[PDB]
A.B. asks: 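Before I ask anything, here is the structure I am working with.
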Amino acid sequence: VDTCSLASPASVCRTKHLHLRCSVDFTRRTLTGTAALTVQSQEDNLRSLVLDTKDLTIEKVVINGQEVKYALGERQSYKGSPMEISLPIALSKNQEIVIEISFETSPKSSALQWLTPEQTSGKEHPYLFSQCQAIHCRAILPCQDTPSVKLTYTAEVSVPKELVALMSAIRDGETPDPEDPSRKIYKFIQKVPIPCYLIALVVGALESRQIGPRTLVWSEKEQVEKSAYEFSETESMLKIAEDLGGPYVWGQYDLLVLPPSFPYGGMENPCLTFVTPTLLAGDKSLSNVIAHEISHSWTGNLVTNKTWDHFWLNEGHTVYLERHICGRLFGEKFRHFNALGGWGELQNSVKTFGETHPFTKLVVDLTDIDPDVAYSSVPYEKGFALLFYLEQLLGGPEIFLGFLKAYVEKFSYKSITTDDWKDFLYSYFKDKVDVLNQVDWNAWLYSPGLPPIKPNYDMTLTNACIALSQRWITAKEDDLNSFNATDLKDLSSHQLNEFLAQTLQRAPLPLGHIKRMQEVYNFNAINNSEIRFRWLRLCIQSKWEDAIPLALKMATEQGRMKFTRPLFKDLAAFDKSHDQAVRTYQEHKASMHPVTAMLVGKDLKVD
Ligand SMILES: CC(C)C[C@H](NC(=O)[C@@H](O)[C@H](N)Cc1ccccc1)C(=O)O
Ligand SMILES: Fc1ccc2[nH]ccc2c1
Ligand SMILES: [Yb+3]
Ligand SMILES: [Yb+3]
Ligand SMILES: [Yb+3]
Ligand SMILES: [Zn+2]
C-alpha cells in the first residue's frame with residue numbers, strides 16, 4: 001500500500017502503457033495534450049478507477065470514443081488531487097481498456113521548470129526540463145503515481161521547430177508538425193516497462209556529440225565540448241556495470257547536461273541520464289555521479305522499490321555498485337576511501353536530524369510526509385553501510401557481488417519491499433544463516449541513529465586528510481606560520497575535498513585560522529564545486545565576512561540542492577549575512593526550480 005499515492009493501487013488495476021501526445025507552449029508555460037492509458041483491471045466487476053493529478057486542468061476523458069463522467073476530489077496538499085473516473089462498462093479480471101485523457105498543466109507544475117532565454121547559455125531560446133522523482137509525475141499527466149506499477153510508453157511531442165525534444169526513451173525520428181509548420185514533432189519509444197517516476201522530458205536548443213558506442217552527450221552548444229571530455233569514462237563504466245549487474249537492457253545510454261538550476265547531481269532517467277553542469281570540473285574528478293546513475297540501470301530501474309518507504313533498496317544498492325565501478329577503475333583502496341567518506345556524510349545527516357529522528361531510520365514510514373521534505377543521505381549511506389557490513393560478514397566483495405548479480409536477475413522488472421530483499425538474502429546465503437542471525441535486523445532496518453556496527457575501512461588514502469585536518473584544528477596562533485602551499489603537494493582533488501569535510505565537521509575554527517588557510521592554500525581560486533562548496537561553508541560558519549558575496553554567488557548561479565540549501569541556511573545563521581540571504585532568496589524565488597524554491601523557503605523560515 002503506497003501512502004504517497006491517491007490512485008487505485010496495483011491490486012485493483014495496473015497501467016501497462018502510456019501513449020502521450022502533447023504540445024509545449026513557451027508563451028503560456030503549459031503542456032497541453034492527451035495521455036492514453038492502457039489499463040488492465042485486477043478485479044471482478046470493476047466500475048471506476050482513481051488516478052493521481054496535481055494542478056492539472058482536465059478537459060475531458062474518452063473511452064470507446066465517448067466523453068465519460070469523472071471528478072476531482074479535494075486537494076490533499078503535496079499529494080495533489082485524486083481523479084475518479086467512471087467506467088462506461090464494468091470490466092472483468094484481466095480485461096484491458098484504453099482511457100484517453102485531455103489535459104493541460106499549470107505553469108506552477110512542481111515537475112517542471114520553464115526557463116527564460118536569459119536563464120540559458122545561448123540567450124536566444126527558452127528551455128524546459130522535468131523532474132518526476134519522487135511523486136511529481138502527477139504534476140505532468142494523470143497517472144497511477146506509484147512505483148508499484150510499471151508501464152511502457154511512446155510519445156509524440158510538438159515543439160517550436162528551432163528547438164529539440166528528448167525523453168527517457170529511444171528517440172524514434174522527427175518531422176514537421178502537419179498541424180503547424182512553425183513546429184516539429186519528435187517521437188519516442190520506451191519498450192521496457194518502467195515506474196512512472198522515470199518519465200522525463202527536456203525541450204531546448206540542444207546539440208549532441210558522440211562519446212562512445214552507445215552514448216551521445218547533449219547540452220547547449222556552449223557546454224558540449226567540455227562535457228564530452230568530462231564524461232569520457234562513461235563507456236568504460238558501462239562495461240564494468242554490465243559485468244556486475246548483467247546485460248544492459250535499455251539500448252542507448254546518453255547524457256544530458258542541464259542548465260545550472262537542475263536540482264540534483266544526477267537523475268537516472270532511462271536512456272538519458274540527467275546531470276548538473278556543476279559536474280564539469282575540468283578533470284573528470286566528479287565522475288562517480290555518472291557511475292552512480294549508470295548503476296540505476298540495474299538497481300532502481302530494473303529492480304524497483306515498491307513504495308518510497310523502501311527507497312533505500314534503490315539508493316543503497318546503487319551506491320554499492322557505484323563504489324565497485326570506482327574501485328575497479330581506480331583500485332580497491334579508492335573504493336575504501338569513498339566508502340569511509342560516505343560514513344562521514346552519514347554522521348553529518350544524523351547529527352543534523354538528531355539521533356532519534358524518524359527520518360534517520362533506514363526504512364521510513366512516509367504517511368503524511370512529503371518525500372521532498374524527508375530526503376537526505378540517510379537511505380544512501382546507511383543503506384550502503386548495511387551492504388558493506390554484510391559484505392565483510394559473508395566473505396568479501398566477490399562473494400557479495402554474486403548475490404548482487406543474482407538479486408537483479410531475480411527481481412528484474414518487478415517492484416519489491418525490504419522484506420522481499422531480506423528473504424532472498426536468506427535464501428541465497430542458506431549456508432550462512434547462522435551468521436545472518438547475528439545481524440541486529442531490527443536496529444539496522446527500523447531504529448533511528450547511526451548503525452549499530454561500523455564496518456572495516458582501509459585508511460591508506462584517508463590518513464593524510466585526517467592528519468592535515470588535525471594539524472589545523474589543534475594549531476594555535478603561533479602554529480599558523482608553519483602551514484605552506486606544499487602541504488597540499490601530494491593530495492588528489494578527492495583528498496583535498498576530504499580534508500575540508502573533516503575540517504568542516506569541527507566548524508567553527510578561529511577566523512585567524514581560516515584567513516591563513518586562504519593565504520597559503522588559495523582555496524578561493526579552486527573551481528571544483530565539491531571543494532568550493534565545503535570551503536565556502538567552513539568560511540561562513542567561521543564567520544568570515546569576505547566569504548559572504550562568494551557564498552551568495554554560488555548559491556544562486558547554480559541550484560543543485562546539495563549546495564544551494566546549506567549555503568542559504570549557513571548564510572542565514574551568520575548574523576552579518578542573515579538579511580542578505582533572506583533578501584536574495586526573495587529576489588530569486590520566482591525564477592527558481594519550484595521544489596528548490598519551496599525547500600529553501602522552509603529552511604529560511606520564509607513566507
Ligand atoms: C552519486 C549520487 C549520490 C548522486 C545523487 N543522485 C542520485 O542520488 C540520483 O540517482 C537520485 N535518483 C536523485 C533523486 C532522488 C530522489 C528524488 C529526486 C531525485 C545526487 O547528488 O543528485
Ligand atoms: F523520498 C524519500 C524516499 C525514501 C526515503 N527514505 C528515507 C527518506 C526518504 C525520502
Ligand atoms: Yb522507427
Ligand atoms: Yb525466508
Ligand atoms: Yb605554541
Ligand atoms: Zn541514486
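The first residue in the sequence is number 1, and the count goes up from there. Each ligand, and each atom within it, is numbered from 1 in the order the structure gives. These numbers come from the heavy atoms of this one structure, side chains and all, not from hydrogens, waters or symmetry mates.
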A.B. asks: Can you point out which of Bestatin, dyclonine, ribavirin monophosphate is the drug at ligand 1?
C.D. replies: Bestatin
A.B. asks: Help me with this one: what macromolecule has the most contacts with Bestatin, named as in UniProt?
C.D. replies: Leukotriene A-4 hydrolase
A.B. asks: Just which atoms of Bestatin are under 4.0 Å from any heavy atom in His296?
C.D. replies: 10 (O)
A.B. asks: Atom 8 (O) of Bestatin: which protein heavy atom is closest, and how many Å away?
C.D. replies: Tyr380 OH, 2.7 Å
A.B. asks: Considering distance alone, does some N or O of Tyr264 sit under 3.5 Å from an N or O of Bestatin?
C.D. replies: no
A.B. asks: What do you reckon, does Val289 have a nitrogen or oxygen under 3.5 Å from a nitrogen or oxygen of Bestatin?
C.D. replies: no
A.B. asks: Do any heavy atoms of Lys562 fall under 4.0 Å from Bestatin?
C.D. replies: no
A.B. asks: Which shown ligands and ions, other than Bestatin, have any atom nearer than 4.0 Å to that drug?
C.D. replies: ligand 6 (zinc ion)
A.B. asks: Report the overlap between the UniProt Zn(2+)-binding residues of chain A and the residues with a heavy atom under 4.0 Å from Bestatin.
C.D. replies: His292, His296, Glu315
A.B. asks: Look at atom 13 (C) of Bestatin and say which protein heavy atom is nearest, naming residue and atom and giving the distance to 0.1 Å.
C.D. replies: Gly266 O, 3.5 Å
A.B. asks: What do you see: which UniProt peptide-binding residues in chain A have a non-hydrogen atom under 4.0 Å from Bestatin, if any?
C.D. replies: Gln131, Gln133, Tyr264, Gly265, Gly266, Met267, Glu268, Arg560
A.B. asks: What part of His292, side chain, backbone, both or neither, has a heavy atom within less than 4.0 angstrom of Bestatin?
C.D. replies: side chain
A.B. asks: Taking only heavy atoms of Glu322 into account, list the atoms of Bestatin that are under 4.0 Å away from them.
C.D. replies: 1 (C)
A.B. asks: Could you identify the single nearest non-hydrogen protein atom to atom 22 (O) of Bestatin and state the distance to 0.1 Å?
C.D. replies: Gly265 N, 2.7 Å
A.B. asks: For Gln131, is the nearest heavy atom under 4.0 Å from an atom of Bestatin?
C.D. replies: yes
A.B. asks: Numbering the atoms of Bestatin from 1, which are under 4.0 Å from a heavy atom of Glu268?
C.D. replies: 9 (C), 10 (O), 11 (C), 12 (N)
A.B. asks: Select the closest option to atom 10 (O) of Bestatin among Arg560, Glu345, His136, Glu293, judged by heavy-atom distance.
C.D. replies: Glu293
A.B. asks: Around Bestatin, which residues have heavy atoms within 4.0 Å?
C.D. replies: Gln131, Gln133, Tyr264, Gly265, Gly266, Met267, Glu268, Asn288, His292, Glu293, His296, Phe311, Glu315, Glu322, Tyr375, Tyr380, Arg560
